[PDB]
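Mitogen-activated protein kinase 14 bound by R1487.
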Amino acid sequence: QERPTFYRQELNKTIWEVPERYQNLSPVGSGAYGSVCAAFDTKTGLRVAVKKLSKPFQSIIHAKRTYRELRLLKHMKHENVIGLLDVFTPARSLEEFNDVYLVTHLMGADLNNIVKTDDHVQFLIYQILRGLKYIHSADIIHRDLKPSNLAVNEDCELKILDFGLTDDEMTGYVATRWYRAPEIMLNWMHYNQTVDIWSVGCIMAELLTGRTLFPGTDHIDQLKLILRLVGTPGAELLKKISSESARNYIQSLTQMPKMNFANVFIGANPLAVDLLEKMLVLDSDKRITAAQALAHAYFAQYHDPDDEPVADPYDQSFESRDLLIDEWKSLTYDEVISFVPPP
Ligand SMILES: Cn1c(=O)c(Oc2ccc(F)cc2F)cc2cnc(NC3CCOCC3)nc21
């Protein structure tokens, strides 16, 4: 990190100050907690996405999430997971440290601007599960997996964005909620990493049919659509719903049996139907895991147990830690300073 020369440019109505190596900066749009620009990295020859974080140390919540995102991106080193090519600040010291810029691969499209074959579905879902196995192996949950954070290149090579990171944007007929596990949508319980597997199920179904699986007009309508497909919960699951209020509402609903998935997904590969049945289980305890799903017959042509790596241990003790703004800021600066680019 032998200090490069920085230059200034106005882009997303703020001034961006970036090393000379990054040229031809052009806005892509909004990212998680900041705006994103496309650029050409003259050092590596890669087309890159550069995210400038907005007000990264404005509050404790902002400072902690800035540290969180940096920690997450620095840890992730997997073909199917967004990772960090570079991180920089124009600041020369902790004292003047105010801005954080994050750099990753520029991707061609997301899964939204791709669909509306079974072999393509196989490859796409395989890579999502491969990436999820890695993320989950580090005790990280995505929590908000959806087509818009699944980015793909021209060769259909896929990377997962925005892992591990309001009510109004969750309201109504919105894609922001359509892929959410019911237990997290309705805050039933302390949830596990198979919330992400529910999301994969929804995504896979949509790739297969060209249609949203559970296009609910609101939380309640969406629950009804879900329960019509998978059945109303039994006593066993009801017990696990620790929210007495949520549990009480569920029991008010007329009981419905699980539907026949072969009659729902007409003409689909029987192995795809089988996998969907194992992913779209209401009881999260009983959902197929990413590692288990990779071994399912549906992915026979792609599955390789020696080419599906797990992550190094990820220390997130910081998550249960209470610190001041300047403390989170200092930790973040340390991580910026210690960054080593990938080979
Ligand atoms: C929307 N978006 C991000 O939010 C994003 O976040 C970052 C994460 C970590 C970093 F170090 C830096 C980041 F910029 C990266 C990103 C890459 N490629 C693309 N391609 C678009 C995908 C949708 O179709 C148009 C091209 N979009 C992206």
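The residues of chain A that appear here are 3-118, 123-171, 175-352 by the PDB entry count, in order. For ligands, and for the atoms within them, numbers begin at 1 and follow the listed sequence.
In this structure, of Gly33, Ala51, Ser154, the residue bringing a heavy atom nearest to atom 4 (O) of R1487 (ligand 1) is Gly33.
At a heavy-atom cutoff of 4.0 Å, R1487 (ligand 1) is contacted by no atom of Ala157, backbone or side chain. For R1487 (ligand 1), the atoms lying closer than 4.0 Å to a non-hydrogen atom of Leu75 are 9 (C). Contacts of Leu87 with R1487 (ligand 1), taken as heavy-atom pairs under 4.0 Å, are absent altogether. UniProt lists residues of chain A as binding ATP; of these, a heavy atom under 4.0 Å from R1487 (ligand 1) occurs in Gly33, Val38, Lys53. At a heavy-atom cutoff of 4.0 Å, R1487 (ligand 1) is contacted by the backbone of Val105 but not by its side chain. Remark: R1487 (ligand 1) atoms within the under-4.0 Å shell around heavy atoms of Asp112 are 23 (C), 24 (O). With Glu71, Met78, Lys53 as candidates, the residue nearest to atom 13 (C) of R1487 (ligand 1) on a non-hydrogen basis is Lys53. In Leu167, the part holding a heavy atom less than 4.0 Å from any atom of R1487 (ligand 1) is the side chain.
Protein heavy atom nearest atom 7 (C) of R1487 (ligand 1), with residue, atom name and distance: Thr106 CG2, 4.0 Å.
Rounded to 1 Å, the minimal heavy-atom contact between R1487 (ligand 1) and the UniProt active-site residues of chain A is with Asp168, 5 Å. The entry gives the source of chain A as Homo sapiens.
Among all protein heavy atoms, the one lying closest to atom 1 (C) of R1487 (ligand 1) is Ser32 O, 4.1 Å. The atoms of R1487 (ligand 1) that sit less than 4.0 Å from any heavy atom of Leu86 are 11 (F). Annotation: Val38 places no N or O atom under 3.5 Å from an N or O atom of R1487 (ligand 1); distance criterion only. Applying the 4.0 Å criterion to heavy atoms of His107 picks out, from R1487 (ligand 1), the atoms 17 (C), 18 (N). The nearest heavy-atom contact from the protein to atom 12 (C) of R1487 (ligand 1) is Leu104 O, 3.3 Å. Of the protein's non-hydrogen atoms, the one nearest atom 21 (C) of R1487 (ligand 1) is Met109 O, 3.6 Å.
Across chain A, the UniProt domain dominating contacts with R1487 (ligand 1) is Protein kinase. The protein atom (non-hydrogen) at minimum distance from atom 25 (C) of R1487 (ligand 1) is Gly110 O, 3.9 Å.
Every atom of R1487 (ligand 1) is numbered from 1 in the order shown, and the set under 4.0 Å from a heavy atom of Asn115 is 24 (O). For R1487 (ligand 1), the heavy-atom contacts closer than 4.0 Å come from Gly33, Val38, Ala51, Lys53, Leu75, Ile84, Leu86, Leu104, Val105, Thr106, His107, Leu108, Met109, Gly110, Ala111, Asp112, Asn115, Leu167.
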